[PDB]
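Structure showing BBO-8520 (bound form) engaged by GTPase KRas.
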Amino acid sequence: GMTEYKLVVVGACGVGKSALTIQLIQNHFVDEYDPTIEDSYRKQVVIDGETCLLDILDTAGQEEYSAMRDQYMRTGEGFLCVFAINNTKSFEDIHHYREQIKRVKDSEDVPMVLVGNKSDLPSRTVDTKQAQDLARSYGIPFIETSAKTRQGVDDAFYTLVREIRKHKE
Ligand SMILES: *CCC(=O)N1C[C@H](C)N(c2nc(OC[C@@]34CCCN3C[C@H](F)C4)nc3c(F)c(-c4ccc(F)c5sc(N)c(C#N)c45)c(C(F)(F)F)cc23)C[C@H]1C
Ligand SMILES: Nc1nc2c(ncn2[C@@H]2O[C@H](COP(=O)(O)OP(=O)(O)NP(=O)(O)O)[C@@H](O)[C@H]2O)c(=O)[nH]1
Ligand SMILES: [Mg+2]
């Protein structure tokens with residue numbers, strides 16, 4: 001029946017992986033409180049007229065390169081690669097996350113979206129243009145989000161579903 005899309009949210013500590021997921025799942029953002037675990041969350045959404053189910057893994061915990069961890073990530077059909085626009089190191093780590101995705105999926109062509117989060121903040125250190133140019137050289141979409149104001153959140157996840165759909169055809 002209803003198509004399920006397995007999405008994986010990856011990126012450095014503190015960029016807003018959990019805050020983005022919770023906005024989508026529970027429509028809220030509390031400045032003071034944040035998830036502390038890795039977990040996956042299911043939500044039925046309508047995207048371009050298609051009722052579907054998103055199964056979203058919000059990654060956390062420890063970096064680890066075991067066969068078990070690799071195989072878990074390999075079930076992801078699409079990946080949000082998140083950095084924070086006020087955190088240059090988190091932007092510099094994006095190439096590494098992409099490379100691990102391509103390694104476990106064993107493919108040059110994995111549905112992926114680059115997400116620049118915390119667009120509400122004024123202390124910007126990553127120009128929008130530099131992130132656009134990076135996404136263009138990878139050949140993937142780039143979306144600026146604010147998990148605090150919810151700006152661009154649906155766009156990020158829905159765009160990733162659209163990349164998965166193109167891949168399955
Ligand atoms: C904030 C929570 C936290 O402490 N985490 C640990 C680290 C930050 N996580 C994480 N880190 C990296 O790289 C970190 C770093 C710095 C030390 C050396 N190392 C390499 C670069 F220098 C950057 N990489 C992560 C991942 F690659 C992945 C991951 C993503 C996709 C994928 F297919 C696979 S397969 C596989 N095994 C791993 C791993 N590990 C990945 C992940 C993720 F959680 F699995 F997605 C985390 C990485 C983030 C969090 C957990
Ligand atoms: N202003 C602002 N703050 C944000 C935004 N998204 C997340 N934050 C803040 O940034 C911090 C980290 O958020 P969180 O969602 O825990 O990030 P994470 O990537 O899941 N961290 P971890 O990797 O440790 O699980 C929190 O204080 C959160 O309130 C955003 O769009 N705007
Ligand atoms: Mg988190």
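Along the sequence shown, residues carry numbers from 1. For the numbers below, each heavy atom of this structure counts, side chains included, while hydrogens, waters and symmetry mates do not. Indexing begins at 1, ligand by ligand and atom by atom, following the structure's order.
Lab note - all copies counted, BBO-8520 (bound form) located at ligand 1.
Only the side chain of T59 comes within 4.0 Å of BBO-8520 (bound form), counting heavy atoms alone; its backbone N, CA, C and O stay farther away. As deposited, the model links BBO-8520 (bound form) by a covalent bond to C13 SG.
In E64, the part holding a heavy atom less than 4.0 Å from any atom of BBO-8520 (bound form) is the backbone. The option from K17, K105, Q100 that lies nearest to atom 32 (C) of BBO-8520 (bound form), judged by heavy atoms, is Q100.
With a 4.0 Å cut-off on non-hydrogen atoms, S66 does not touch BBO-8520 (bound form) at all. At a heavy-atom distance under 4.0 Å, atoms from both the backbone and the side chain of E63 approach BBO-8520 (bound form). By number and name, the other ligands or ions lying nearer than 4.0 Å to BBO-8520 (bound form) are ligand 2 (phosphoaminophosphonic acid-guanylate ester). Contacts between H96 and BBO-8520 (bound form), counted as non-hydrogen atom pairs separated by less than 4.0 Å, involve the side chain only. Within 4.0 Å of BBO-8520 (bound form), judged by non-hydrogen atoms, the site holds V10, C13, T59, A60, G61, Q62, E63, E64, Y65, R69, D70, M73, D93, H96, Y97, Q100, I101, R103, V104.
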